[PDB]
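In this structure, risedronate is found bound to Farnesyl diphosphate synthase.
Numbers for residues simply follow the sequence, beginning at 1. For ligands, and for the atoms within them, numbers begin at 1 and follow the listed sequence.
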Amino acid sequence: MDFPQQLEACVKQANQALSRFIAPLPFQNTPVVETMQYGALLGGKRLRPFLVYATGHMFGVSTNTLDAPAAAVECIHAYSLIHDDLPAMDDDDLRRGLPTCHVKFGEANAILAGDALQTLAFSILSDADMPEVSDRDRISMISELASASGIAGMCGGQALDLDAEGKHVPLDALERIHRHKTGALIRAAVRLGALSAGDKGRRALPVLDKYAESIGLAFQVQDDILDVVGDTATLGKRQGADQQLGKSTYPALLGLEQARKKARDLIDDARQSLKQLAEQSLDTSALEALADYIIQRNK
Ligand SMILES: O=P(O)(O)C(O)(Cc1cccnc1)P(=O)(O)O
Ligand SMILES: C=C(C)CCOP(=O)(O)OP(=O)(O)O
Ligand SMILES: [Mg+2]
Ligand SMILES: [Mg+2]
Ligand SMILES: [Mg+2]
């Protein structure tokens, strides 16, 4: 019922999960591991873990087993931001209210920490305790995180994003960028939550996919909107960063009003998909509240 309290509960759960998977690693208290801990744990809304937990919870899977996919997806997410902020990429000096990884620890440490966080995601999925999760479903989790994170998803989208700098690409190309760079990982969170539930989760996938696809695109449209109108102290990252690099964005192409409308229509579409699940007596309340927050949030 109370969404801010659920978000904070999720932040604590996910941070604990991440910390536990990071703690047995060697080279604690050296720069690369400290970079990983800074970039993964210090700040962030943990909405992808939120998606993993909320989805798995719908099928009655234990929060403790969901710690694994929640932490894995957040490792990929964390890695993606570390590399995204690099000078050769978006060259941003602030994130989550603090110096970016490459500023505080140097570029080499940032590259390697992001590299290692990606690897850790796959160590988590292959090694972590998930008692109710069949090997078949664990393999599917790994396969999904891989396809969603790599050239067919997030990385591919990062390449499209970089290519579209200064090119003011049309809506169809814009959507392709956003769905890959941001949509794909968000859909992986939902899929990993569902796969944790086995066959019952798999049966929901056609519908959860449509939900995930809509909130995932909406997530990036809101990110672009926030880049224009948000305050740096609230965002935790610099307002007007996109405009400075000439990024193809929703607000740059369509203006702020039409971008907002696109985000709102995507969320209404996400809500519609969830109605199909609520019909089968699955509790969609956390997923609908998350869907609304994705476009109501100011950070
Ligand atoms: O947090 P950022 O840098 O505004 C962003 O959302 C970061 C990001 C990195 C990787 C994939 N998706 C988004 P971006 O696309 O560079 O606008
Ligand atoms: C994929 C995108 C839009 C990058 C930022 O995601 P978030 O806005 O979830 O960033 P944090 O909460 O993790 O800082
Ligand atoms: Mg970027
Ligand atoms: Mg960026
Ligand atoms: Mg952005």
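All instances of risedronate are found at ligand 1.
By chain and number, the binding site of risedronate (heavy atoms under 4.0 Å) reads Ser80, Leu81, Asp84, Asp90, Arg95, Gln158, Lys181, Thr182, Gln220, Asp223, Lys237.
Residue-ligand proximity, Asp90 to risedronate, at heavy-atom distances under 4.0 Å covers atoms 16 (O).
In terms of N/O distances under 3.5 Å, risedronate is approached by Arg95. Nearest protein heavy-atom contact of atom 13 (C) of risedronate is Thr182 OG1, 3.6 Å. The organism reported in the entry as the source of chain A is Escherichia coli. Atom 7 (C) of risedronate has its closest protein heavy atom at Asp84 OD2, 3.5 Å. Nearest protein heavy-atom contact of atom 15 (O) of risedronate is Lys181 NZ, 2.5 Å. For atom 5 (C) of risedronate, the nearest protein heavy atom (residue, atom name, distance) is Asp223 OD2, 3.6 Å. Looking at the UniProt (2E)-geranyl diphosphate-binding residues of chain A, I find a heavy atom under 4.0 Å from risedronate for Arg95, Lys181, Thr182, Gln220, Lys237. Taking distance alone, with nitrogen or oxygen atoms compared against 3.5 Å, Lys237 approaches risedronate more closely than that limit. In this entry, no covalent bond from risedronate to a chain is modeled.
When chain A is restricted to the residues UniProt lists for Mg(2+) binding, the ones with a heavy atom within 4.0 Å of risedronate turn out to be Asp84, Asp90.
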Pairwise, report which nitrogen or oxygen atoms of risedronate are under 3.5 angstrom from protein nitrogen or oxygen atoms, and how far apart they are.
residue: risedronate; atom: 1 (O); partner: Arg95; partner atom: NH1; Å: 2.6
residue: risedronate; atom: 1 (O); partner: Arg95; partner atom: NH2; Å: 3.2
residue: risedronate; atom: 1 (O); partner: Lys237; partner atom: NZ; Å: 2.7
residue: risedronate; atom: 3 (O); partner: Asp84; partner atom: OD2; Å: 3.0
residue: risedronate; atom: 3 (O); partner: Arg95; partner atom: NH2; Å: 2.9
residue: risedronate; atom: 4 (O); partner: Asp223; partner atom: OD2; Å: 3.0
residue: risedronate; atom: 4 (O); partner: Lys237; partner atom: NZ; Å: 3.1
residue: risedronate; atom: 6 (O); partner: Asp223; partner atom: OD2; Å: 2.7
residue: risedronate; atom: 12 (N); partner: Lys181; partner atom: O; Å: 3.4
residue: risedronate; atom: 12 (N); partner: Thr182; partner atom: OG1; Å: 3.0
residue: risedronate; atom: 15 (O); partner: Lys181; partner atom: NZ; Å: 2.5
residue: risedronate; atom: 16 (O); partner: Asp84; partner atom: OD1; Å: 3.0
residue: risedronate; atom: 16 (O); partner: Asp84; partner atom: OD2; Å: 3.0
residue: risedronate; atom: 16 (O); partner: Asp90; partner atom: OD2; Å: 2.6
residue: risedronate; atom: 17 (O); partner: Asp223; partner atom: OD2; Å: 3.1

